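Snapshot of avibactam (bound form) at Beta-lactamase.
Residue numbers run from 1 in the order of the sequence given. Just so it is clear, the values below take in all heavy atoms, side chains as well, and ignore hydrogens, waters and symmetry mates. Just so you know, ligand 1 is whichever comes first in the structure, and atom 1 is the first atom listed for that ligand.
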Amino acid sequence: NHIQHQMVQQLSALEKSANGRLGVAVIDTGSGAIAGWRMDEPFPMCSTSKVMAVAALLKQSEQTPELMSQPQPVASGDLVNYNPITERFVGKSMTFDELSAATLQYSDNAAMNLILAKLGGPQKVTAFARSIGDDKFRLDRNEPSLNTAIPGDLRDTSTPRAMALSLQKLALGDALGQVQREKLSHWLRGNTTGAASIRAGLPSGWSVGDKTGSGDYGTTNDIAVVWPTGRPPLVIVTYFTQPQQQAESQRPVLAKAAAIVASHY
Ligand SMILES: *C(=O)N1C[C@H](NOS(=O)(=O)O)CC[C@H]1C(N)=O
């Protein structure tokens, strides 16, 4: 942990003002420095777990490049709680490229389940996380139950530190092949659900890729790769969860956390 005293004070005050539990990690990839707040506690990942799932599928495509263009039938039975793209393909097919874009950029939960099926389930996403040196990530359930976000429950959690290091290896480093890393980074940059989260706290000119998540207990999450103008990229994880199951989401908390980390860099 390389966090400055001032940044700790600011993140602590933000957490208290928001009445929740905040977890933040920032990696400066130029120096390798890592900093943050509660960055080793488990937090429910919710939809941010989808990055690891798509990455696992992209790793498999390295040995079968046509895998991503293979049509996959979509059925009404695949639909769950939130299916913004897949609901339009019932009775038709989507490729794994389309399914990956849908789950990353629109957070389509049926698409996530179709990807989990191809990989062999949540347990195989966890095995892929281990294969990139992430010993904290655990995916236990599929959609939509992986979003229950119960305090004290270890299912479907990771830590801000582990998720930041994994997102660095996947989107910037060498955990994936070049074609696959660039596809993942492009999909993250094209996310449509992140305007009010990390992106809102960063300079408007910077290029950003991110994946949000939400769940019960007011869980409000975002993980980002940031390409600041003129200087090496940053990786930012902001996880936030609240005391009561019915709590409302607090996206401005993530924006402010991002602004706090962005200033100190
Ligand atoms: C992911 O956390 N989920 C799927 C979808 N995500 O959209 S979000 O990232 O903009 O929050 C809706 C919320 C959540 C879920 N409960 O399924």
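- The site surrounding avibactam (bound form), defined by heavy atoms under 4.0 Å, contains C46, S47, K50, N81, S107, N109, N147, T193, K211, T212, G213, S214.
- Among all non-hydrogen protein atoms, the one lying nearest atom 17 (O) of avibactam (bound form) is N109 ND2, 2.7 Å.
- Distance from atom 3 (N) of avibactam (bound form) to its nearest protein heavy atom, with residue and atom name: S47 OG, 2.4 Å.
- For avibactam (bound form), the covalent anchor is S47 OG.
- Of the protein's non-hydrogen atoms, the one nearest atom 12 (C) of avibactam (bound form) is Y82 CD2, 4.3 Å.
- Where the criterion is an N or O separation shorter than 3.5 Å, residue side chain and backbone included, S214 meets it with respect to avibactam (bound form).
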